[PDB]
**Student:** 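Structure of elacridar bound to ATP-dependent translocase ABCB1 - open in front of me now.
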Amino acid sequence: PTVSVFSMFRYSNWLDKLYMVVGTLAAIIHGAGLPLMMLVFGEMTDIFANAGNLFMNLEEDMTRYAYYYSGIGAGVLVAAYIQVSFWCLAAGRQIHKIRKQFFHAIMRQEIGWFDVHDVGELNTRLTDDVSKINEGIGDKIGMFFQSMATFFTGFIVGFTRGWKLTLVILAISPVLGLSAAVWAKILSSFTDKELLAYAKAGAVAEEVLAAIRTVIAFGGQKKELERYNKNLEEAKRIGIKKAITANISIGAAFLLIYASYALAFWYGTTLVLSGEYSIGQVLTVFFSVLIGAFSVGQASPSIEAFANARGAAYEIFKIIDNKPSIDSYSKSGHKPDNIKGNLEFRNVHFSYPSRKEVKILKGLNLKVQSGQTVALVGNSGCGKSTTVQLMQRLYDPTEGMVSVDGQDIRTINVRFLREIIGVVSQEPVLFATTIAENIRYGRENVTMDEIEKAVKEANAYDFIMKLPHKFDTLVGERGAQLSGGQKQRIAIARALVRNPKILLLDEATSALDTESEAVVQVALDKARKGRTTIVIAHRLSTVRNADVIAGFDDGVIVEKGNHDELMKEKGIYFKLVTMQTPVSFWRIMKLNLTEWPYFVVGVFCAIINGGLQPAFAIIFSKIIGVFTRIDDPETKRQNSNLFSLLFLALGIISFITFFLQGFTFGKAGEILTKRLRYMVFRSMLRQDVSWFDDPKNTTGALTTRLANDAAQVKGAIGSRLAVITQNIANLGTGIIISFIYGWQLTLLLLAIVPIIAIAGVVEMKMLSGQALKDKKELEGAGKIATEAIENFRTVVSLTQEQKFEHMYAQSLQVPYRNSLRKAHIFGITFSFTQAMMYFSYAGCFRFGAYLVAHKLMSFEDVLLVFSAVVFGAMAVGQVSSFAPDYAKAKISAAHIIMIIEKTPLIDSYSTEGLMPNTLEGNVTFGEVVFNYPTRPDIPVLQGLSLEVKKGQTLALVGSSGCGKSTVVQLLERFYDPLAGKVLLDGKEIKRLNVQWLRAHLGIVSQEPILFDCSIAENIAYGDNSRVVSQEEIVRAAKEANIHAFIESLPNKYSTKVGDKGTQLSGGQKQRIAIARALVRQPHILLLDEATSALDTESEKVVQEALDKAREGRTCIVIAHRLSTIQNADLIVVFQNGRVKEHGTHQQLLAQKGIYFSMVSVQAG
Amino acid sequence: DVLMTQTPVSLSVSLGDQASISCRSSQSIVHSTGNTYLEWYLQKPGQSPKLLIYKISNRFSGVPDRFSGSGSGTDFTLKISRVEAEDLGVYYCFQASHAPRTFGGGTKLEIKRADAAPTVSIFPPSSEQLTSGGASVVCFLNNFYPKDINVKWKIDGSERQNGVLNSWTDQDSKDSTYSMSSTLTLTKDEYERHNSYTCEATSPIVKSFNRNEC
Amino acid sequence: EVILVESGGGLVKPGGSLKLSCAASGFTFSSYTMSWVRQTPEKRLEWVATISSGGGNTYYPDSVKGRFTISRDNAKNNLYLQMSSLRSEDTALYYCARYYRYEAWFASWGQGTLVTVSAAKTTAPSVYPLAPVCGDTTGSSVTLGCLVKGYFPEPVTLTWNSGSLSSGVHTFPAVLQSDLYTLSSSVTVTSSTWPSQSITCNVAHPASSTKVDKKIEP
Ligand SMILES: COc1cc2c(cc1OC)CN(CCc1ccc(NC(=O)c3cccc4c(=O)c5cccc(OC)c5[nH]c34)cc1)CC2
Ligand SMILES: COc1cc2c(cc1OC)CN(CCc1ccc(NC(=O)c3cccc4c(=O)c5cccc(OC)c5[nH]c34)cc1)CC2
Ligand SMILES: CC(C)CCC[C@@H](C)[C@H]1CC[C@H]2[C@@H]3CC=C4C[C@@H](O)CC[C@]4(C)[C@H]3CC[C@]12C
Ligand SMILES: CC(C)CCC[C@@H](C)[C@H]1CC[C@H]2[C@@H]3CC=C4C[C@@H](O)CC[C@]4(C)[C@H]3CC[C@]12C
Ligand SMILES: CC(C)CCC[C@@H](C)[C@H]1CC[C@H]2[C@@H]3CC=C4C[C@@H](O)CC[C@]4(C)[C@H]3CC[C@]12C
Ligand SMILES: CC(C)CCC[C@@H](C)[C@H]1CC[C@H]2[C@@H]3CC=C4C[C@@H](O)CC[C@]4(C)[C@H]3CC[C@]12C
Ligand SMILES: CC(C)CCC[C@@H](C)[C@H]1CC[C@H]2[C@@H]3CC=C4C[C@@H](O)CC[C@]4(C)[C@H]3CC[C@]12C
Ligand SMILES: CC(C)CCC[C@@H](C)[C@H]1CC[C@H]2[C@@H]3CC=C4C[C@@H](O)CC[C@]4(C)[C@H]3CC[C@]12C
Ligand SMILES: CC(C)CCC[C@@H](C)[C@H]1CC[C@H]2[C@@H]3CC=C4C[C@@H](O)CC[C@]4(C)[C@H]3CC[C@]12C
Ligand SMILES: CC(C)CCC[C@@H](C)[C@H]1CC[C@H]2[C@@H]3CC=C4C[C@@H](O)CC[C@]4(C)[C@H]3CC[C@]12C
Ligand SMILES: CC(C)CCC[C@@H](C)[C@H]1CC[C@H]2[C@@H]3CC=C4C[C@@H](O)CC[C@]4(C)[C@H]3CC[C@]12C
Ligand SMILES: CC(C)CCC[C@@H](C)[C@H]1CC[C@H]2[C@@H]3CC=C4C[C@@H](O)CC[C@]4(C)[C@H]3CC[C@]12C
């Protein structure tokens, strides 16, 4: 995927071609202003040296060479501000354009093309990939052009002044260039490698973090913790190897620089003494060529970024490329005028291209006229809602030709049409806009009186009165502060204000009441004369009162006719109607006390790394003083050789000490990180379930914490220590040496040291890897990104795209302008500090000349004070910019100690309480009231009760969200029942043993999630704290006939299972959770919906393997299908949590009650 | 190691002419760095040497124009043309390109000026010298020429002793004349036993004193 | 200009030891190489020692190594050479030296100071005024001399009339016999000067500290 170069800059205007051209010009010209600085420095020192030999006319010549230095300073000020500001502007504009256009093209797309795309990945796209395009083309091309200029100027100066030396410097410069390349590259790709190192274990944490209730429910904690440990240790080995190699490469860069000084001066003295050169030409040639070779390395990261951009641009410019078959926008679409209600289908088929192997609808030939209200009767399995979407031109039907009133849909406007067929779907969703905005999505132009009229028609207006700020009532995400019945009433209200030409309902009475349903159906019937309508509902209540009732079976229209026709027809509708009638503390060093030896060695080697800058100051300003003095050629030669060798030795000790400080602080940091992750996880797990379900303590929150804040705390301890001591060695010694050698210049230079430090930090913060803040502040246009994609479905309701493109435009055009202001600021700062470097030369050497011509100090002493304090301050900067922050890392450690301190209620590992010897198998609940403390505003269970006997297969029947699965959390002790008193065998579970209460019993959850293991480590997960004895494992697959599928799979007991077992089909996996609980041999088996997705003959075998032990072990089945309810022992009906009637199947059926109605779905 | 001969030892130039001096070093004095160092220090009488020429052809700042040094390989000469009158003394060619820095030999330079008659002047031993049992009769010959001369003693006209002491002055920086002294120390017994003591300069020039005292 | 002047000197028995100094003024002493140089009784120079500006680089010829040790004080501007275990061939005259910036080796010789090593003991000078026989003048000039006999060691200053006779003084060098020095001065002045004004012979002897002013009387 290569976008080359021309395609990459396609989204540009005139002004930006202009910005780029003036940019590279001012970058080439800010480039060549270091080598000219060394060309002046050469002759300046060549005049200081020879001056004071019979201080006449020194201060004059220095008043001249103050103007060369200050001139180049005030030329770089400008060239650098121009380069930075102008390239950040080219990029700013170009990325804004591409971002808005990407979002615009992501709302034009065939619904099928969202089968290919995803949700989380697509948000990764529209933030990470676009910021990655920005990253290259913004400034890396500036920095790249500037460093190429400094290289070529380095060579031109070094060949103008003297070649015989620049050839040697150059002939070892390939190794300098290469080592600079590797150093800089390692620096840019440091954070990215780390995440790659953590990937697996991180993904293993998320899975377990999400499904925590399950891995509680079995014995599975120790397994999940060892599982983690293994991949953690792999992250540690990869980590410390990376630390070793990072430091080797850095240490060898320094060794090579210093050995390069050694060669240059050992050769330069041969030349100087021979007569040819002087000390000025050698300083010039050497510094200019040495700086040029080193700079090229800085250019290399810029080259890699361009490869990254013109790669990611492939996929982004892809969504920009293709036009969906059914153009959602499409202004060329035909528009009808005399649109009378008609509906025409003929031999209609379709498959959801997410599965094109199965053709689910295998024929439909339908003709419906105006006002004709049609219902569709048939099981879940026929495919009504498929037709529903197919009508709205949300797809192309494959066979036949669908039309409406003469002309066909395939050639006419989809916005207009998708409109005039107003729909409500099965599970409509609620937006986090203002309530009146949700509604007004009927039209850009709507009046408040219309909203009032429609909400009094739908009769969803009482709760409209009840809420605060009757027309300002803020809903949150998804609309879950209020009820679900009101939620369906207002989805109704929306497809009502949409005022369509046809009204298509898909079960708009999901969890709604009766009287509101009747008023809603009457208000519907108010608009069913001139506007065609069709209802897709299982609730027969709003089904009987329509004109036509048609019958699906196997996705085909089998039974045709009106009500009476289906009565006399003996189809499916006949049987149906027949049976229906914070405070942060510092205690954090103590988390890493075990590693005192690494720290001792580390502080020692950091002291020495710090001191290695003043040692160079002295040695350098002495190998210069040698050529200033008046000596023999023998003394000049011997001292050149001695100081060359001291240059080599400083290099070697630099190598070894960097390698050690790096390796050692690295290894202590990795070890702290690993034990902190493992221990914070072992304390996450044992915590309760209330702590887990609590909002603000979620799966995203917790994985971010456990995958970052551990590494943050690592940063605080070791980094703070290494940087403080290295800097104190460096600059403390620079300034003390400086006061001793010089008594007047160091005082003037202390007034510049702060600015030099700041200059070093700003330069390194750039080359290191300056990132954008929007990637954290911008948040995703706020929350318009996720919402548009996540809740993409009610946008699969109407068009209402523009009203999202434009909300994007606002919430994204605000920060944009703040980014331009930030470009101007960063430009001025990055120029002003560099300019301060050049004016540092000028001020320090002019004052040095005034001191030297009054015999208060020498040229050795001024070259010492200069080099030591100035480049000591610069190196204080360059090193303090690697230091991780200390506000964040301290708050982070507060969070970690917070968790590692938290004491979960009723410790899962605890044997404290009551440990009984005799067990019977009774369960009794008395006035047990409960509400989930996570919902303090809705009380969910209002004090039910039960009585259980041995082997008593207790039927629990109710609705969805009203007390079928809430005893999973009362009996297995997740949420303590606040009101009531429970009797399991008459024994209070509040004193019982918890890892035994779940040890004794085992259930089949509402859904099984499985894991990253083998079926030998997935079923066998059914029991733990006991070895897997396979003669039990062989038969757990056998009792449920699931031994068949497994032995056919390769690696019969060792076939790989990926994440959540995404390989097999349902019929083999839902069999496994049962096979899971078959090795469990639970004395009480709380089964919930073991007949959701299974064949009817293996439902027999799971029920018999349940049955062949349904004696003697207490049983309880909670499900919809009556295949398990009539063969259950007792029944207890549920309606919003209240227990009304109980009893035997022959007793609750002799009375016509509610269970008479709960039989009436499909039995007959 | 390196030893330096200097070919002309004593030189006889005439005021207003050109003189040459040569300095042969064995071994080709040439440093590692590529230069040859070979100075030509010149010392006057009653003075501590001054520099004249360094690095073979250069001239130490403050020297006349006529001192020209020229050096080929291992033989180096110095030519003074138009010899002045304050250019008398001794020349030294010191080489510093090798391990023991030698100073070479030494060549003397004398300016000729026709001839002259030695001015004899004899003195008696002092009265304090007589009492000291020893008598030394001195003899001064001021401003004569050339350095070549002999002086002999005639005690009593007969005796030509050999217990004589000699001493020459260096050439004068103004006149280019010399001056020598002949001291005859004797015991007073050898003195009072004799009467006349004569000091001849060499047609010789004669002078004497008559008695023990005047 | 630069002046280098030294002290030390005198007479030291074989195997002895002493310390020649060299106070230098005028040229920011803390930069230049320095050298000592030696001139023997045959007026034949010789190199002795050199010390670099830093102070940590001294070179001695091959012979006299080990027993001579040269060093310097940059704070007071002084150069010292410390000699020990000297033989009988150490009688010499030692000069300081400087170093021309353009590789000229000895460029600023200070004055000399001489050092004599012998077993013979110290001596004072003996003087006999030397006036011609009854001052019998020989023209408009009269030759006057002065004879200093039998002293040791060598340095000795003879200044006529406290230095008033300067234009026609003829000082002769010291002749060594039996380790005793026979020096003599001579001055010829007009025959109208000797009888009219008195003429004096001033001497000095450093180890003996005797300085006798004899007049010349006819
Ligand atoms: C004397 O002549 C010259 C000298 C110099 C240069 C050019 C010259 O030419 C005239 C250029 N050098 C410029 C190179 C230069 C490179 C690196 C450093 N960072 C550290 O030391 C360092 C200290 C503390 C913690 C850390 C980290 O946690 C760290 C983590 C990941 C990666 C790292 O790194 C890739 C890390 N690093 C450090 C300083 C400077 C300076 C010396
Ligand atoms: C005023 O000119 C300059 C302008 C700028 C920089 C450096 C300049 O001067 C070199 C930094 N640029 C960025 C490239 C850049 C960065 C940092 C460096 N590390 C060092 O140079 C350095 C490190 C340690 C010790 C020393 C010395 O003892 C030293 C002594 C004499 C002369 C020097 O070099 C003129 C010396 N260098 C250094 C090099 C290159 C941006 C602006
Ligand atoms: C990359 C390297 C190993 C390739 C060889 C380097 C070439 C480009 C350079 C490196 C150093 C250079 C030498 C540098 C100095 C000398 C000494 C001089 O008196 C003649 C030129 C000569 C002999 C050069 C010849 C060319 C040379 C050898
Ligand atoms: C690619 C590199 C790192 C291999 C090693 C390269 C260096 C060490 C080689 C390349 C060319 C070599 C230089 C070529 C010739 C010169 C001049 C000679 O009179 C001394 C050796 C000297 C100064 C060499 C030093 C070593 C040198 C710089
Ligand atoms: C990359 C590293 C390990 C290899 C560097 C090799 C260096 C040390 C080698 C390669 C060429 C060598 C030089 C080549 C020729 C000469 C010239 C002579 O007058 C002195 C020895 C000298 C100066 C050599 C010293 C050693 C030397 C400098
Ligand atoms: C990568 C480059 C620098 C190759 C490394 C070469 C350096 C380390 C080598 C090349 C030539 C070597 C020099 C060879 C000869 C001398 C003279 C010796 O009496 C002292 C050391 C000294 C001065 C060496 C210093 C180290 C030196 C300069
Ligand atoms: C050894 C002592 C007595 C020397 C005095 C040095 C004092 C005056 C100076 C020298 C360099 C300075 C340190 C330089 C580096 C940093 C890192 C920064 O992130 C915090 C400030 C801090 C910690 C500075 C504190 C003040 C400091 C320590
Ligand atoms: C206000 C802050 C940032 C400035 C720091 C004060 C320093 C930089 C200033 C204060 C007053 C100044 C001193 C005032 C007078 C003298 C005279 C002479 O001896 C040289 C300069 C010297 C020594 C100045 C050096 C710079 C100096 C010491
Ligand atoms: C760091 C920045 C703000 C520099 C502040 C230093 C200023 C206030 C200092 C630095 C150098 C100092 C000057 C430098 C030297 C001279 C000597 C003499 O001729 C008069 C005083 C004078 C003119 C000083 C006065 C104060 C001075 C100008
Ligand atoms: C006695 C002397 C050293 C006092 C002068 C203190 C100077 C040298 C010290 C004082 C505080 C220090 C600064 C304070 C904080 C940091 C922030 C860091 O991210 C860059 C360097 C920087 C800006 C330091 C550089 C050195 C510094 C300015
Ligand atoms: C306008 C701002 C942001 C830039 C700050 C730096 C300017 C004011 C400083 C930096 C270095 C300084 C220069 C340093 C040395 C000389 C020599 C002096 O005898 C004349 C002025 C001149 C040229 C100075 C004037 C003021 C100066 C130019
Ligand atoms: C670091 C820089 C930018 C601070 C401002 C520059 C100051 C400190 C620089 C520029 C102004 C300069 C001073 C201007 C005036 C004087 C007096 C004069 O007779 C000698 C130079 C002297 C003593 C200068 C010394 C250098 C100096 C003090």
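Chain letters correspond, in order, to the sequence lines: A, then B, then on. Chain A uses the PDB entry numbers throughout; the residues present, in order, are 32-85, 104-630, 694-1276. In chain B, numbers come from the PDB entry; the residues present are 1-202, 209-220, in order. Using the PDB entry numbers, chain C covers 1-218, in order. Heavy-atom basis, side chains included; hydrogens, waters and symmetry copies ignored. In listed order, ligands and their atoms are each counted from 1.
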**Student:** Could you point out every ligand or chain corresponding to elacridar?
**Tutor:** ligands 1 and 2
**Student:** I'm curious which other chains sit close to elacridar (ligand 2), say any heavy atom under 4.0 Å. Can you tell me?
**Tutor:** A
**Student:** Residues of chain A touching elacridar (ligand 2): which UniProt domain claims most of them?
**Tutor:** ABC transmembrane type-1 2
**Student:** Can you help me out: which of the UniProt transmembrane segments of chain A, N terminus first, have a heavy atom less than 4.0 Å from elacridar (ligand 2)?
**Tutor:** 1, 6, 7, 11, 12
